[PDB]
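Structure of interest - contains methazolamide.
Throughout, residue positions are numbered sequentially from 1 according to the sequence presented. Order of appearance sets the numbers: ligands from 1, and atoms from 1 within every ligand. In what follows, every heavy atom counts, from backbone to side chain, and hydrogens, waters and symmetry copies are set aside. Per the header: X-ray crystallography, 1.8 Å.
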Amino acid sequence: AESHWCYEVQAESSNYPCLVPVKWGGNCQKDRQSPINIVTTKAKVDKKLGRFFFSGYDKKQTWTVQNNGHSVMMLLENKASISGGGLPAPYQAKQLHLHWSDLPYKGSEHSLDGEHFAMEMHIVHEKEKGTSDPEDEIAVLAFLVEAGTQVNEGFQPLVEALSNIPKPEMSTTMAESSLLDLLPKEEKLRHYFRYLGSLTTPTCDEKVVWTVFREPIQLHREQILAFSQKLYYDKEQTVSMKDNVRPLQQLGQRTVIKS
Ligand SMILES: CC(=O)/N=c1\sc(S(N)(=O)=O)nn1C
Ligand SMILES: [Zn+2]
């Protein structure tokens, strides 16, 4: 590898050389990659995909949030977990991070019926294994974010914290908030899409069971813009953090199912 991985926007916005997505190493060139476009009418209903159970999602916490140089990430340190969702085990929550742009019609990694959303939020969980690595070691819950004029009060603690972590490796503490504050209303999360894929940054390991919820989070345009306005890819603050999005990958011979 001749330089550090980057997103296209970083290569375009700086003279410092870096490895763009089509040139990424690791497992990034293998054939079960994410994100993908989901043709919603072609995903078959699987009745075994029931409701999710969220643990620790309703509890108010003061989360640590940090700029890791390619996103903003909340550290969930196993303080939450999930089960159900047609998942084979409970999964422990590790981190939450986001991908975004500064235009309403792009910013998501996945697309639904060829539509990208303003952001996409990933909550990353790790499988509770038994004795008897796997294709489903990691469960990522993906939520699409739609831009509008509705102020999302739940997001405010996160949005306000952004001012405090402009540069990579900076961390801060968010005001009291729960994970549910960040999500659509729980009852609306019964409809989701499911497929097997990869992590969307190097080394892009093919060990993710993906869930993409049908119901979008509503965020005000200016709450979304706060991400590109307050954050930077680099300590020199030369490239505002936005378009931290991997281009679409081919489904190949994989199948997408839905609840
Ligand atoms: C270690 C870890 O969780 N990193 C991640 S989370 C992730 S993502 N964007 O959720 O698929 N991609 N990568 C590389
Ligand atoms: Zn992600």
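The structure holds methazolamide at ligand 1. Among all chains, the one with more heavy-atom contacts to methazolamide than any other is, according to the PDB entry, Carbonic anhydrase 4. Of the protein's non-hydrogen atoms, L199 CD2, 3.8 Å is the one closest to atom 5 (C) of methazolamide.
Among all non-hydrogen protein atoms, the one lying nearest atom 10 (O) of methazolamide is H97 CE1, 3.2 Å. Checked by distance only, methazolamide and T201 come closer than 3.5 Å through their nitrogen or oxygen atoms.
Under a heavy-atom cut-off of 4.0 Å from methazolamide, the UniProt substrate-binding residues of chain A that qualify: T200, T201. In this structure, the other ligands and ions lying under 4.0 Å from methazolamide are ligand 2 (zinc ion). Looking at methazolamide, you'll find an N or O of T200 within less than 3.5 Å of one of its N or O atoms.
The dominant UniProt domain at the interface of chain A with methazolamide is Alpha-carbonic anhydrase. The PDB header gives the source organism of chain A as Homo sapiens.
When heavy-atom distances to methazolamide are checked against a 4.0 Å cut-off, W210 comes that close only through its side chain, counted from C-beta outward.
Here the shortest heavy-atom distance to atom 6 (S) of methazolamide, taken over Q95, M121, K94, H99, belongs to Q95.
Atoms of methazolamide lying under 4.0 Å from at least one heavy atom of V124, given by number and element, are 3 (O), 6 (S), 10 (O). Shortest heavy-atom distance from methazolamide to a UniProt active-site residue of chain A, with the residue named, rounded to 1 Å: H70, 6 Å.
In terms of polar-atom proximity, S198 is not counted as a contact of methazolamide, lacking any N or O under 3.5 Å from an N or O of the ligand.
Within a 4.0 Å radius of atom 2 (C) of methazolamide, the protein contributes one or more non-hydrogen atoms. The overlap between the UniProt Zn(2+)-binding residues of chain A and the residues with a heavy atom under 4.0 Å from methazolamide is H97, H99, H122.
The set of residues with a heavy atom less than 4.0 Å from methazolamide is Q95, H97, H99, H122, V124, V140, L199, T200, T201, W210.
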